[PDB]
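For reference, the structure discussed in these notes is given below.
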Amino acid sequence: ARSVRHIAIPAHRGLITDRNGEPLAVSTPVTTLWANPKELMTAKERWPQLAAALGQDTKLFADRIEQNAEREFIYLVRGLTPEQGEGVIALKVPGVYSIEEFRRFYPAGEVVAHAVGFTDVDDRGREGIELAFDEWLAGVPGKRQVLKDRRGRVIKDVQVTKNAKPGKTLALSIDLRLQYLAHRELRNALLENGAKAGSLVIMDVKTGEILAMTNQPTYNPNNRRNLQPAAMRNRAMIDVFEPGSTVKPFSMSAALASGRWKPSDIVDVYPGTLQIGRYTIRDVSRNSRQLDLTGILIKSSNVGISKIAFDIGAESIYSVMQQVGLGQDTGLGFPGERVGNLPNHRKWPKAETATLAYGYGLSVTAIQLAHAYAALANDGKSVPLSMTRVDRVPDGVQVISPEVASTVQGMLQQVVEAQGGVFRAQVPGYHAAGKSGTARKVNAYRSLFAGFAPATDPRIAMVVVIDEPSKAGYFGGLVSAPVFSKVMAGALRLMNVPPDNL
Ligand SMILES: *C(=O)[C@@H](NC(=O)/C(=N\O)c1nsc(N)n1)[C@@H]1NC(C(=O)O)=C(CC2=CCN([C@@H]3CCNC3)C2=O)CS1
Ligand SMILES: [Cl-]
Ligand SMILES: [Cl-]
């Protein structure tokens with residue numbers, strides 16, 4: 001006949017911003033039209049104008065209402081403007097109503113879709129930060145008591161039991177200016193190199209903050225139809241790959257920390273191959289005999305780093321890689337985030353000792369690799385990762401000794417600046433440092449560059465990953481390295497970092 005009933009008051013979901021307060025996810029009022037079938041069933045002569053106004057075929061609309069003739073609630077159409085959502089109301093159809101609802105809009109769209117993620121039709125976090133921080137963002141719905149007549153129509157608002165509480169604002173670590181730059185340059189790089197996909201991560205080496213995180217391909221989170229699963233992947237956190245030669249600076253850190261190696265020491269890598277039983281370690285360039293430790297990194301000699309690894313033992317190398325976080329949980333709690341795999345042994349065999357040292361048979365994410373380089377850049381101290389703005393920086397862990405870290409930094413500056421080095425990674429006006437990698441996938445390759453700058457007082461670490469570029473010959477520092485140069489140049493300028501190569 002008629003009942004007093006309690007119902008929800010929806011909460012205003014919290015604003016997501018970038019680190020400087022630029023809006024990334026905003027709850028915006030949209031007009032929704034709904035209907036009460038029991039009321040509609042008393043006004044059937046109105047149905048065709050209501051259908052016509054909603055762009056619906058008259059018969060299909062009529063069937064829908066007849067089938068739901070004992071329900072008290074259906075949506076007619078959601079996400080209209082006030083002008084549209086009153087245009088139907090002007091018809092004054094019995095049992096037809098408008099409400100303002102909150103739904104998400106993403107002002108930067110595709111540029112930060114992977115990091116931010118999205119909400120569903122019910123305004124609850126479904127992907128990315130929206131999911132990860134849903135409790136923070138959602139707030140608590142209110143509650144009102146309401147008298148409903150025989151048909152379910154609200155005739156009295158009797159009393160509000162609980163007020164709604166809005167969600168909390170969340171400021172990300174991301175700097176939208178760096179994010180745009182990274183987004184544009186990664187996109188342009190895929191085109192110029194004919195690549196399938198890629199990732200770019202920028203980190204603050206002093207604070208642990210992820211300043212940028214972009215992938216190709218990407219998607220518009222405001223227009224999610226025809227949406228591919230591949231386009232939605234935040235590849236920087238949920239794809240694993242073999243890091244290859246980009247781990248060599250960690251092998252070198254172990255070497256310098258052992259007491260047995262200095263940069264000017266020599267290793268004989270002739271004839272560019274080395275047999276270990278059935279396996280054969282093979283260098284990309286095979287016209288070398290004696291190389292010093294910097295030369296091994298410049299030439300990216302797998303044989304050279306393998307011989308160092310035999311001398312110092314795999315255990316020291318594993319420990320450096322473990323401590324810098326390769327194949328280890330980041331603690332960010334991003335949905336689908338992968339940990340990868342740094343294999344361990346009780347007793348390391350010779351073949352596995354070599355392959356560990358040049359990053360073969362290891363599995364990492366782009367965020368892990370960036371974090372490892374941030375530790376190296378931050379004079380050997382690892383600051384915990386953050387996807388949110390860090391005002392009070394947590395204590396870091398000293399993972400490589402400061403002197404060893406500084407020596408390796410110097411060697412990586414030479415990798416970029418010295419004769420025969422990765423000259424295209426050079427950043428105009430600054431000294432930069434880094435290491436190239438090329439990884440077989442099983443004809444099909446990943447091109448990698450990881451580095452930091454300014455070399456003499458590091459501020460920013462960066463990883464560029466380009467998945468399957470279309471170059472026949474040697475990548476030769478011309479695929480991922482120029483992307484590092486362009487994005488690092490822009491990032492240092494936007495953060496007002498003083499040039500150190502005047
Ligand atoms: C480190 O990255 C080294 N690369 C490897 O040995 C890998 N395959 O080549 C590899 N490691 S793990 C894994 N799954 N694969 C050395 N570094 C580089 C470099 O400095 O870029 C290499 C160069 C290189 C190999 C293949 N190259 C072209 C690809 C397209 N056609 C040839 C290329 O430039 C290899 S040794
Ligand atoms: Cl050769
Ligand atoms: Cl390259």
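Position 1 is the first residue of the sequence; numbering continues from there. Just the heavy atoms: all of them, side chains too, but no hydrogens, waters or symmetry mates, feed the values below. Order of listing sets the numbers, starting from 1, for every ligand and every atom in it.
Contact analysis gives the chain with most pairs under 4.5 Å to ligand 1 as the one the PDB entry calls Peptidoglycan D,D-transpeptidase FtsI. PDB records name the drug found at ligand 1 as ceftobiprole (bound form).
At least one heavy atom of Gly473 sits closer than 4.0 Å to an atom of ceftobiprole (bound form).
Residue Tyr445 has at least one heavy-atom neighbour below 4.0 Å for each of these atoms of ceftobiprole (bound form): 26 (C), 29 (C), 30 (C).
When the heavy-atom distances from atom 9 (O) of ceftobiprole (bound form) to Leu478, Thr438, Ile298 are ranked, the shortest goes to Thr438. Put simply, part of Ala472 is less than 4.0 Å from ceftobiprole (bound form), judged by heavy atoms. As deposited, the model links ceftobiprole (bound form) by a covalent bond to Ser245 OG. Listed by number with element, the atoms of ceftobiprole (bound form) under 4.0 angstrom from any heavy atom of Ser300 are 16 (C), 17 (N), 20 (O). Applying the 4.0 Å criterion to heavy atoms of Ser245 picks out, from ceftobiprole (bound form), the atoms 1 (C), 2 (O), 3 (C), 4 (N), 16 (C), 17 (N).
The binding-site residues for ceftobiprole (bound form) (non-hydrogen atoms, 4.0 Å) are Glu242, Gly244, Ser245, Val284, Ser300, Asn302, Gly359, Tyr360, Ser436, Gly437, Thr438, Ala439, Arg440, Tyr445, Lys471, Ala472, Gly473, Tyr474, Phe475.
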